[PDB]
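A look at one PDB structure holding darunavir.
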Number of protein chains: 2
Amino acid sequence: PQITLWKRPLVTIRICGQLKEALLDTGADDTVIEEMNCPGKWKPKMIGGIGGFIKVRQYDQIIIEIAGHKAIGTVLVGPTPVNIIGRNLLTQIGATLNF
Amino acid sequence: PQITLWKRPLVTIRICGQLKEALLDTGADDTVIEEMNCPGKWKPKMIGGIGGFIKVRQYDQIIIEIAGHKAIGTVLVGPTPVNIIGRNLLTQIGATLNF
Ligand SMILES: CC(C)CN(C[C@@H](O)[C@H](Cc1ccccc1)NC(=O)O[C@H]1CO[C@H]2OCC[C@H]21)S(=O)(=O)c1ccc(N)cc1
């Protein structure tokens, strides 16, 4: 599909058996998902943005379906205000920026 | 161009006569540029991102060239980690996400 940018580019995702809305985010290196009590091994990470850093849990090889497109990779879980699909999974679903 | 997302979507911008590097950021509502001298009046605003809120100077109707494409609109100037071109200007240069 083609997504214009008049509004936030939000899509439905499925992760850890849950449906969520998430932002397709070309400005995020990594994918960050709002706090959820998920299983699996993880490593502590800190990620920085506008305002400073938040502490997150890094899970590897997490399967996510993004707008019907399957992806598998690193998902960071923590107190983000919005669910963010970053470049690590955008590349896997064939997403480009065009102008 | 069509821009794939294996690398950060960094482009050269010209703002207030100065060349800068900026990130094309579909997850940003607003364009936020690092502290710099900008001519004219501005108003104090705050904006929030992943780590909390910062104070910025809002400059309106700023002419900015983005990867060779002209925009004129709002630029927030403040202590952002990265120069970000947000949707308020991505829409002006005809940028869409595609997959
Ligand atoms: C600042 C960017 C270089 C990086 N970020 C992605 C960015 O797209 C966030 C994504 C975002 C969006 C909303 C809330 C938090 C983070 N947007 C953002 O800070 O935009 C601000 C400027 O315009 C406003 O519109 C939305 C918030 C404001 S980030 O959220 O901090 C970020 C940093 C690291 C990773 N792995 C993932 C995301």
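Just so we're on the same page: letters track the sequence lines, and every chain starts at 1. Order of appearance sets the numbers: ligands from 1, and atoms from 1 within every ligand. Values below: every heavy atom of this structure, side chains too, minus hydrogens, waters and symmetry copies.
By contact count, the main macromolecule holding darunavir (ligand 1) here is known in the PDB entry as Aspartyl protease.
With heavy atoms closer than 4.0 Å, the chains neighbouring darunavir (ligand 1) read A, B. Residues in other chains coming within 4.0 Å of darunavir (ligand 1) by heavy atoms are A/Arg8, A/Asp25, A/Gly27, A/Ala28, A/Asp30, A/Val32, A/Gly48, A/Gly49, A/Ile50, A/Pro81, A/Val82, A/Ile84, B/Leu23, B/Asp25, B/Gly27, B/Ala28, B/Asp29, B/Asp30, B/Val32, B/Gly48, B/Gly49, B/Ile50. Among all non-hydrogen protein atoms, the one lying nearest atom 37 (C) of darunavir (ligand 1) is A/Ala28 CB, 3.3 Å. Close approach of darunavir (ligand 1) to B/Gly49 is summarised as follows: ligand atoms under 4.0 Å from at least one heavy atom of the residue are 15 (C), 19 (O). Within the listing of darunavir (ligand 1), atoms 14 (C), 15 (C) sit less than 4.0 angstrom from a heavy atom of A/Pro81. For atom 3 (C) of darunavir (ligand 1), the closest non-hydrogen atom on the protein side is A/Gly27 O, 3.6 Å. Here the heavy atom of the protein found nearest to atom 14 (C) of darunavir (ligand 1) is A/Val82 CG2, 3.6 Å. The PDB records the source of chain B as Human immunodeficiency virus 1.
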Any protein N/O atoms within less than 3.5 Å of an N/O atom in darunavir (ligand 1)? List the atom names and distances, or say none.
| residue | atom | partner | partner atom | Å |
| --- | --- | --- | --- | --- |
| darunavir (ligand 1) | 8 (O) | A/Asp25 | OD1 | 2.8 |
| darunavir (ligand 1) | 8 (O) | A/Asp25 | OD2 | 2.6 |
| darunavir (ligand 1) | 8 (O) | B/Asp25 | OD1 | 2.7 |
| darunavir (ligand 1) | 8 (O) | B/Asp25 | OD2 | 3.2 |
| darunavir (ligand 1) | 17 (N) | B/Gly27 | O | 3.3 |
| darunavir (ligand 1) | 23 (O) | B/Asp29 | N | 3.3 |
| darunavir (ligand 1) | 23 (O) | B/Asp30 | N | 3.2 |
| darunavir (ligand 1) | 25 (O) | B/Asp29 | N | 2.8 |
| darunavir (ligand 1) | 25 (O) | B/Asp29 | OD2 | 3.4 |
| darunavir (ligand 1) | 36 (N) | A/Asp30 | N | 3.3 |
| darunavir (ligand 1) | 36 (N) | A/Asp30 | OD2 | 3.1 |

